Protein chains: 2
Amino acid sequence: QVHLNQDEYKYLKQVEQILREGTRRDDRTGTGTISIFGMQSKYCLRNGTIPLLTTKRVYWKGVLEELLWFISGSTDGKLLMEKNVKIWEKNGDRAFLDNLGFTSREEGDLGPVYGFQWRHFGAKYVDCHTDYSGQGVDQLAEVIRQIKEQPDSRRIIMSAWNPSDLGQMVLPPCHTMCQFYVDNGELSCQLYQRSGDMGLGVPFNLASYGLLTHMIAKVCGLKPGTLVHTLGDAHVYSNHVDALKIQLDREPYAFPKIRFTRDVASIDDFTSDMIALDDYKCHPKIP
Amino acid sequence: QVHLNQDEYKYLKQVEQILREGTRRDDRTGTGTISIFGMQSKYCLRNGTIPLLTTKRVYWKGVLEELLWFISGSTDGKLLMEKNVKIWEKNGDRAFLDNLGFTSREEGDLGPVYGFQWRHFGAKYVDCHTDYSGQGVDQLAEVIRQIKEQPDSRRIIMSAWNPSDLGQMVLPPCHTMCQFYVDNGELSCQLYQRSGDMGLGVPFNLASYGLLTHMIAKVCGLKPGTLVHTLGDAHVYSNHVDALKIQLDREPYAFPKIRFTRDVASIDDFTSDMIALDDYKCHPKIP
Ligand SMILES: Cc1nc(=O)c2cc(CN(C)c3ccc(C(=O)N[C@@H](CCC(=O)O)C(=O)O)s3)ccc2[nH]1
Ligand SMILES: Cc1nc(=O)c2cc(CN(C)c3ccc(C(=O)N[C@@H](CCC(=O)O)C(=O)O)s3)ccc2[nH]1
Ligand SMILES: O=c1ccn([C@H]2C[C@H](O)[C@@H](COP(=O)(O)O)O2)c(=O)[nH]1
Ligand SMILES: O=c1ccn([C@H]2C[C@H](O)[C@@H](COP(=O)(O)O)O2)c(=O)[nH]1
């Protein structure tokens, strides 16, 4: 049969394939996972659609506020908490920092993570309160320039994987790079994700890069195309198979759609008040 | 509809899918291409198999000598010419260098390309005859230590994409990063290739990373697993559609197998005389 939302059904079949074919391993601390290495899915973004899963609600406020935080170049977790978004709190507090040997680091200074690499790749990091203007490569600005002036390019790439800075990161990048692609006035985006928790993190990442593509599409005067999601270690955690069993038996509703309620002078000119999400209907929460 | 070599048949269907579903575009070199954005295939390396295409012969000597050249960390194209491997020759001679503004550069100094990034990521490049010992990150050594001591890691990654150094590269990286993966003593490798010419370059890259996986597996005392080949712009050139129509109608022979005829102290201890390729049978050349 045809499903109202085929793209999310395929995601459920991804989860289903992992449980059926994946290999059972104990990640390092004992905690087991079910894992397939090498997967790929595509999600249609046309007509403002954004792939926020309907069988299990996604922390939309987190996606939005975190992505703007990435774009701003910030590595200060405290700015995200001032928006009431706690995803980076445990990774930036005293205990977690000291455990990595960052005993001199202010609480919340996550190190040279995503935002720093996107906008200042190759720059000398010191802390999250340093003015890095004009230091390093502005990958996000270069991408936008390539899309506008060289739409046919096959090198429109933005990487967060900086071997020199990995040591000083509280967490190594998970979505390690993405590639953009223009075809018949439509902007597409492929994301390579080295590691993916299909129960929690992966749906969140789909929304982030789906939203990012919609933003870049508007800045470049293009229409949204397709999101290609490539996974390295696509895995489910053993202790959480019950929740996915429930999620899989649910028929997906239609994806919501993004709507930008004002114009923007650049990728840096977005604000939470003008990113609208319409008709996000989900199935009830899962214990 | 079974096949002696299923993995190569799927490749033929990849090319076929590109031709039937791909989008027709004119790239920055003129001359059109047929392209799909986002593809993925898997090739079995178990029991020493290496995916060297049989429907169209691959330049095995180029694969072998170039990969050893990469591993050595060399950026001097002249060493490859001393082995009779003339890829990278036109990219490193006077005309091409001056066209990019490297008017002060010695012939053959390809810049901070693959070899430099693999073994000295983040280091200050100057020329291809400089001792970079202790400079930058030795990603290839980091990967090997991770495989040995942390086989379950989801962060075993080696990237050739350095935004800081792109300007000084004669050619921007095409195979941009790879991720490794250990499961029950089997070593796998996923390659993300931003751009892929299915008629020439892609078959070569599959063998390169296939051989690389076989090599790293032996150093770490593991068995070869799976090669996951992810493509960004997977394309055929409109000029060569006639040739591929023939190639697609060919039944693949069995893949050849790699056999290492002596022990190795490290990934740096390999030589052409001890990498053997057994039973590589190909279909005849195509006009
Ligand atoms: C094992 C593991 N799986 C993950 O998916 C994961 C994700 C992150 C960061 N990340 C990419 C996240 C995205 C969304 C998140 C989250 O906590 N969502 C909750 C709401 C939390 C809140 O309201 O503050 C949820 O939707 O249930 S966490 C960090 C460690 C992880 N660890
Ligand atoms: C349009 C284009 N397609 C490619 O595949 C390509 C590949 C490279 C570099 N590369 C990744 C290569 C892999 C194999 C090669 C090659 O030329 N092989 C010869 C073998 C004959 C010989 O050199 O003796 C061949 O079969 O044409 S070249 C550079 C520019 C390109 N440009
Ligand atoms: O953006 C993210 C960050 C983390 N994770 C999940 C995947 C993992 O299993 C875990 C990260 O652990 P490591 O891969 O770093 O070991 O969190 C995601 O899915 N998306
Ligand atoms: O390792 C390589 C190097 C090059 N190419 C081919 C693919 C292309 O179409 C062309 C690269 O040109 P650009 O990606 O720079 O546009 O060469 C490969 O397939 N593999």
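Note: chain IDs run A, B, ... matching the order in which the sequence lines appear. Residue numbering in chain A adheres to the PDB entry, whereby the residues present occupy positions 24-310 in order. In chain B, numbers come from the PDB entry; the residues present are 24-310, in order. We count ligands from 1, going down the list as the structure has it; atoms in each ligand are counted the same way. If you're wondering, the header gives X-ray crystallography, 2.9 Å.
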Checklist entry - What's the drug at ligand 2? => result raltitrexed
Checklist entry - Quick check: main partner chain of raltitrexed (ligand 2) by heavy-atom contacts, named as in the PDB entry? => result Thymidylate synthase
Item to check | Other chains near raltitrexed (ligand 2) (non-hydrogen, under 4.0 Å) | outcome: B
Checklist entry - What does the PDB entry report as the organism for chain B? => result Caenorhabditis elegans
Next on the checklist: Hi! What's sitting within 4.0 Å of raltitrexed (ligand 2) if we only look at heavy atoms?
Outcome noted: B:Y82, B:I110, B:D220, B:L223, B:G224, B:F227, B:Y260
